[PDB]
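Numbers restart at 1 for each chain; the letters A, B, ... are given by sequence-line order, proteins then strands. Whatever order the structure lists ligands and atoms in, that order sets their numbers, starting from 1. The entry is not shown in full; contacts are counted within the portion that is.
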Amino acid sequence: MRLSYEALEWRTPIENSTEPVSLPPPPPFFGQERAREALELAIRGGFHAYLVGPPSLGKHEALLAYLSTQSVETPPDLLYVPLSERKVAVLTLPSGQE
Amino acid sequence: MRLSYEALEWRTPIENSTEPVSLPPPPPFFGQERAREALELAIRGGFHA
Amino acid sequence: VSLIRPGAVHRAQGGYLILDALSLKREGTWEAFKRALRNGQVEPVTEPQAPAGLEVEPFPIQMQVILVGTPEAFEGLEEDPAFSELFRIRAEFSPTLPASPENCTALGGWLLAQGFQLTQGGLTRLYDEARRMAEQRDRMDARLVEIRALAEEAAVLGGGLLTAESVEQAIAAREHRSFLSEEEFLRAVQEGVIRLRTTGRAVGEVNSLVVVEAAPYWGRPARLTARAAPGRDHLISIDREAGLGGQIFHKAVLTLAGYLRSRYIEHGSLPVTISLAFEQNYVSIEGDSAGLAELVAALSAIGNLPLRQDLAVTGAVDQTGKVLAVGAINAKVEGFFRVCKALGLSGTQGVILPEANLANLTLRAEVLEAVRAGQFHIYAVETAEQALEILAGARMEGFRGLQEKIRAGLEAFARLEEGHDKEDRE
Amino acid sequence: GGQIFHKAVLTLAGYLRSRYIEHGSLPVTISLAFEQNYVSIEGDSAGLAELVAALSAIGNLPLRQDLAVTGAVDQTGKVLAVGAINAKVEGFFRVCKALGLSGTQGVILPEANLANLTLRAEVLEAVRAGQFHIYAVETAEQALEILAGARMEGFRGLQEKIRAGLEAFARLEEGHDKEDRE
Amino acid sequence: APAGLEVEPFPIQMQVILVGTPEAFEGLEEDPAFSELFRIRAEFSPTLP
Ligand SMILES: *[B]([O])([O])[C]([C][C]([C])[C])[N]C(=O)[C]([C]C1=[C][C]=[C][C]=[C]1)[N]C(=O)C1=[C]N=[C][C]=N1
Ligand SMILES: *[B]([O])([O])[C]([C][C]([C])[C])[N]C(=O)[C]([C]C1=[C][C]=[C][C]=[C]1)[N]C(=O)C1=[C]N=[C][C]=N1
């Protein structure tokens, strides 16, 4: 069938283009609700997750942005303390006490 | 088709050849505007080319 | 004790550790890391030169390690049964995003947060270019770094502001920076070195569309020709039986053979042999593109049917005759349009493409403008019969039909073959 | 023979088949060979030369030996462009000059390569003087018409001579099979 | 080096440009990381008008 221009036209029309745009930043993993929900489940449950996607997509940057806005109970101060000149163990202290 | 000399002749004719030529140096990447524009864009933007 | 250096595990305690699967497997540390995750404890790596070494207590692991990378890095590790239970959660990133006004607004906000200054038209053109980069009309490309790079080029070409003109210039420059091969091809076509019939009609030949393997984003027509000779049923694709045809191309010749057999049975077999070959050698086949092109060329050769040479033909075909979708349809259409424009549009050039690829048609501004002006004609087909009807400009059924012409050609070839065997047993 | 040369024999076979069908197949076998061994083939050059030689052998057609023939050909019969056309033309001109130009030597080259013709001063001077004749052709029919010096169509045509030769070969083959089943 | 100096990494404010035949570049273009580093391709035409 001989396609017409209207059926072939795909660029969204522009009614005004001389003004700057002011839009709020989008939520991380925008348009990718599957991965966002996977990260939400892995964060709530504490499970180990893994990110899969095509190369050069922004997975690392988006994941870092999403993890930055997260909030968790402050981790305890973990540090090595020597029981002797040969024996050293792991010490757990409340955050800020180290 | 039997080609004639005129159709086969390709050397540009010379009307005077006993005088030296004095021409200004050409711009870099002359006759290669694609590469020159690529370098211009990479230099203005600071990208690695 | 003070010489113990903190690694990734120590600094990620109580939080999230982000690792790359390909780099993790490249260093060969997967086994030790997996054992540490299994035990929940780990000790710092010690040199083999230690005389006695410190009695380091294993460090408890309270983190949530996250592996980020391409899937191909993960089929290098998913076979391990211990990897399955450690990573119960799989986060898969879609290669595309839904092309919606909300998604366009989100992309604009992301670009503004990235540091670029955009306009409404510039954002619209970025959205359109992302959709085209995803190759689908209603799905934008999810590769945000590619769009960011294009936005950077647009900012440089526009002084920082991402107006529609600046982004259009950026896209044009990106196309032109890799246009040398296509420029040489167009020069050869204009000079007559590579002769492509983009006007008039010819028998047994069609302008098949190919995408160059050296750069799988530039399309160009390839003058495929088919010649029909009486003999055994085997179909010859001369460009394959020279080391060029691939495993995917192996299925193509059998597919056309099966369709030609099952579709035309008034003798016990096909009384013809078909020789398929492109005019040039830059068409080393990897994939089922052309397809429909080879089928219509072979049918025209069988029936002595002058195919309209101004219409290029692409798209895979099955043994049922249904035309299947092919990739990089936009590249093929744009390449054929470029070739036709180089020789001058006559108002009748066009491309025969499957209706399946209609959802992948994201043609550039010039092609759509030509279609609107009537200088170019995009045709969408479902079965090979429609494509051949368009090429020959007549109906299959009825008198003066294409099917009856092909049947008469096959009958004549069978008569000549039986005359040969008559002389054989005389 | 090389991989590029491999599809050349199939190309000539396909053209010879599809172009001449008044029997169910080609009743002849064609033996293509250069007399010398310095022609280890890598590419589709010659081409048209092989096709016209095979057609002349089929039809018993005396080809003008003073005209060299080059250029690849397709199964449609269109003559394809080739590289180093200048080198081939200059080499043939050198050979003809070594034996002495008779005013009729020339080269059969595709018209597609006309944009690549950058012949040296001596060759162009010879062409201007009429001692050398560069011919540009589109299809193999034109090249063989130039070689044989007569038209394909019409009575005393080249096409009818080739058809008569094929018919005679088929008659001899059917005589052989007649003696076979006697 | 027994201990080696604690050299701070040197900041990179350069624009690297790779020059060579294409055949050298199909030895590196397959790397996905090479694509986004070198966003600008400058191709030299084998001929000039
Ligand atoms: B196709 O696009 O499926 C087509 C099929 C053939 C029957 C006409 N083949 C090609 O376009 C080939 C194979 C290919 C390679 C990479 C991506 C897609 C397809 N490529 C070329 O045309 C080619 C190959 N080498 C050099 C130049 N051009
Ligand atoms: B050709 O130029 O395509 C021709 C085709 C053949 C059917 C007559 N063959 C050659 O000229 C060959 C192959 C070749 C090599 C290098 C560049 C181009 C073509 N070469 C020779 O004639 C040759 C080979 N070895 C020694 C001497 N000459």
Visitor: Out of curiosity, which chain makes more contacts with ligand 1 than the others? Name from the PDB entry, please.
Guide: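 Most contacts go to endopeptidase La.
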Visitor: What does the PDB call the drug placed at ligand 1?
Guide: bortezomib (bound form)
Visitor: Using a heavy-atom cut-off of 4.0 Å, which other chains touch bortezomib (bound form, ligand 1)?
Guide: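 Under 4.0 Å by non-hydrogen atoms: C.
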